[PDB]
Amino acid sequence: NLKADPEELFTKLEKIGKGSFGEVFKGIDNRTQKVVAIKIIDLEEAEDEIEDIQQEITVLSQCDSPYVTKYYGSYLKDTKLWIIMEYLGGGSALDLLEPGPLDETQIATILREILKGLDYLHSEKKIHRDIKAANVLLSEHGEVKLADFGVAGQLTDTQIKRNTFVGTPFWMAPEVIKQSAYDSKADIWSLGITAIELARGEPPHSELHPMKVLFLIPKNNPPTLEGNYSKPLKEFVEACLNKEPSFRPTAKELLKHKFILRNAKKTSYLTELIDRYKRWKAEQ
Ligand SMILES: Cc1nc(Nc2ncc(C(=O)Nc3c(C)cccc3Cl)s2)cc(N2CCN(CCO)CC2)n1
Ligand SMILES: [Cl-]
């Protein structure tokens, strides 16, 4: 369902990011005047990532959830491919960390919405494989959605596990680094690392070279959350960061975890964080 002539339907506005894959622009849906995000990739300079792009578009085209960035479509325009998504204006969860620490209500609220996204994806037999705060985006009023499906994987009846080495090293599950047969439980490990990232501001080993953690993670005991945090938060992290994937809970099970039930509140309260970042960035 590749479409054509994107500028008949969208207005391309200013660059807002990226990067490695391509360049990302703000845009307008001319039909509704809603704002969109447009990733433009020139495919005559592709040339190996082309297979990954095809996979990314496939995954995007099959997702339909409040907890995953809304996909408008992929458009051919001469030599270039336009990947068009809803624009979320609140920043990423990583951005929201920059001015300072979160409290456990904010951490639980964000984790609960990530979990609803993971529950959705995993129920569709999809694996995100790059869960981290940078890939968790917020609307300007605090809605929280998963983004960047650039390395997302799909399980099928004939392929019940993946084994591809993808992800971001600090957040990668040990079985992914080992290139063992793995599934959605890899996302649950990454969620654990993300919980530490939300609590501490950065993942375990964050001051080491990424290549070095590739040997450390499979060997070392799993990270724990250290510091003056509630016991249920520490337990939530511990549950996620089990070396044996089958011992990790599902996303569905974690939604009922004491940490989430006791501390998560309305997403609209996250506007406080969004405002904090806006103030901070304006003074930086
Ligand atoms: C880089 C960036 N994106 C933003 N919102 C997005 N919504 C959806 C996105 C998305 O779907 N991208 C994407 C695409 C399009 C294809 C493949 C894969 C992916 Cl990941 S990106 C907001 C933002 N700003 C807001 C907050 N700041 C001001 C504070 O003062 C800074 C600027 N900056
Ligand atoms: Cl928004």
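Throughout, residue positions are numbered sequentially from 1 according to the sequence presented. Whatever order the structure lists them in is the order used to number ligands and atoms, beginning at 1. These values consider heavy atoms only, across backbone and side chains, with no hydrogens, waters or symmetry-generated copies.
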S.K.: Look up in UniProt the name of the chain making most contacts with ligand 1.
M.R.: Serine/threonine-protein kinase 24 36 kDa subunit
S.K.: Choosing from astemizole, tivozanib, dasatinib, baloxavir, macitentan, what was placed at ligand 1?
M.R.: dasatinib
S.K.: Using a heavy-atom cut-off of 4.0 Å, name the UniProt Mg(2+)-binding residues of chain A that are that close to dasatinib (ligand 1).
M.R.: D148
S.K.: Identify which residue UniProt marks as active site in chain A lies closest to dasatinib (ligand 1), and report the minimum heavy-atom distance rounded to 1 Å.
M.R.: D130, 9 Å
S.K.: Which residues overlap between the UniProt ATP-binding set of chain A and the residues with a heavy atom under 4.0 Å from dasatinib (ligand 1)?
M.R.: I16, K18, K39, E86, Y87, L88
S.K.: Would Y277 count as a contact residue for dasatinib (ligand 1), given that I'm defining contact as a non-hydrogen atom of the residue lying under 4.0 Å from a ligand atom?
M.R.: yes
S.K.: So is there a nitrogen or oxygen of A37 less than 3.5 Å from a nitrogen or oxygen in dasatinib (ligand 1)?
M.R.: no
S.K.: What part of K18, side chain from CB on, backbone N/CA/C/O, both or neither, has a heavy atom under 4.0 Å from dasatinib (ligand 1)?
M.R.: side chain
S.K.: Could you tell me which atoms of dasatinib (ligand 1), counted from 1 in the order shown, lie closer than 4.0 angstrom to a heavy atom of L88?
M.R.: 4 (C), 5 (N), 6 (C), 7 (N), 8 (C), 22 (C)
S.K.: Which UniProt domain would you name for the part of chain A holding most residues in contact with dasatinib (ligand 1)?
M.R.: Protein kinase
S.K.: Which other-chain residues have at least one non-hydrogen atom less than 4.0 Å from dasatinib (ligand 1)?
M.R.: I16, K18, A37, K39, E56, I83, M85, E86, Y87, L88, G89, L137, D148, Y277
